[PDB]
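Beneath this line is the structure, given in structure tokens, with notes to follow.
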Amino acid sequence: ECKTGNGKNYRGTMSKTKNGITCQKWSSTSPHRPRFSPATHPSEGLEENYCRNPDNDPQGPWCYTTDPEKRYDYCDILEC
Ligand SMILES: NC[C@H]1CC[C@H](C(=O)O)CC1
């Protein structure tokens with residue numbers, strides 16, 4: 001999928017950050033207990049471990065990481 005703007009409305013399936021590290025799911029609490037999740041941001045498309053922009057950060061989609069000593073990181077979504 002592609003992103004346009006900040007990718008507020010991005011609903012692709014990228015699952016690794018721009019460093020290629022594997023996301024964590026939005027519905028897991030390991031390795032990280034998330035502040036953003038499907039519970040809380042029901043309208044945010046927080047599916048699977050996919051990159052999303054819940055907070056509309058000018059830096060584009062990110063996800064929680066399966067690196068325990070690294071809480072999140074941004075994903076590299078090509079523009080739209
Ligand atoms: N600026 C995106 C960023 C927002 C807070 C966050 C957290 O919930 O801990 C990590 C990612």
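Residue numbers start at 1 and run along the sequence shown. Because only heavy atoms are used, hydrogens play no part in the values below, and waters and symmetry mates are left out as well, while side chains stay in. In each ligand, atom 1 is the first atom listed, and ligand 1 is the first ligand listed.
- As PDB records put it, the drug at ligand 1 is tranexamic acid.
- Going by contact count, the macromolecule most engaged with tranexamic acid is what UniProt calls Angiostatin.
- For tranexamic acid, the heavy-atom contacts closer than 4.0 Å come from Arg35, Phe36, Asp55, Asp57, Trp62, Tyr64, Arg71, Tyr72.
- Every atom of tranexamic acid is numbered from 1 in the order shown, and the set under 4.0 Å from a heavy atom of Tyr72 is 10 (C), 11 (C).
- Most residues around tranexamic acid in chain A come from the UniProt domain Kringle 1.
- Of all atoms in tranexamic acid, listed by their number and element, those nearer than 4.0 Å to a heavy atom of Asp55 are 1 (N), 2 (C), 3 (C), 4 (C).
- Annotation: atom 8 (O) of tranexamic acid to nearest protein heavy atom, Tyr64 OH, 2.5 Å.
- Tranexamic acid has a nitrogen or oxygen under 3.5 angstrom from a nitrogen or oxygen of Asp57.
- Below 4.0 Å from some heavy atom of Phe36 lie the following atoms of tranexamic acid, by number and element: 8 (O).
- Annotation for tranexamic acid: atoms under 4.0 Å from non-hydrogen atoms of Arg71 are 7 (C), 8 (O), 9 (O).
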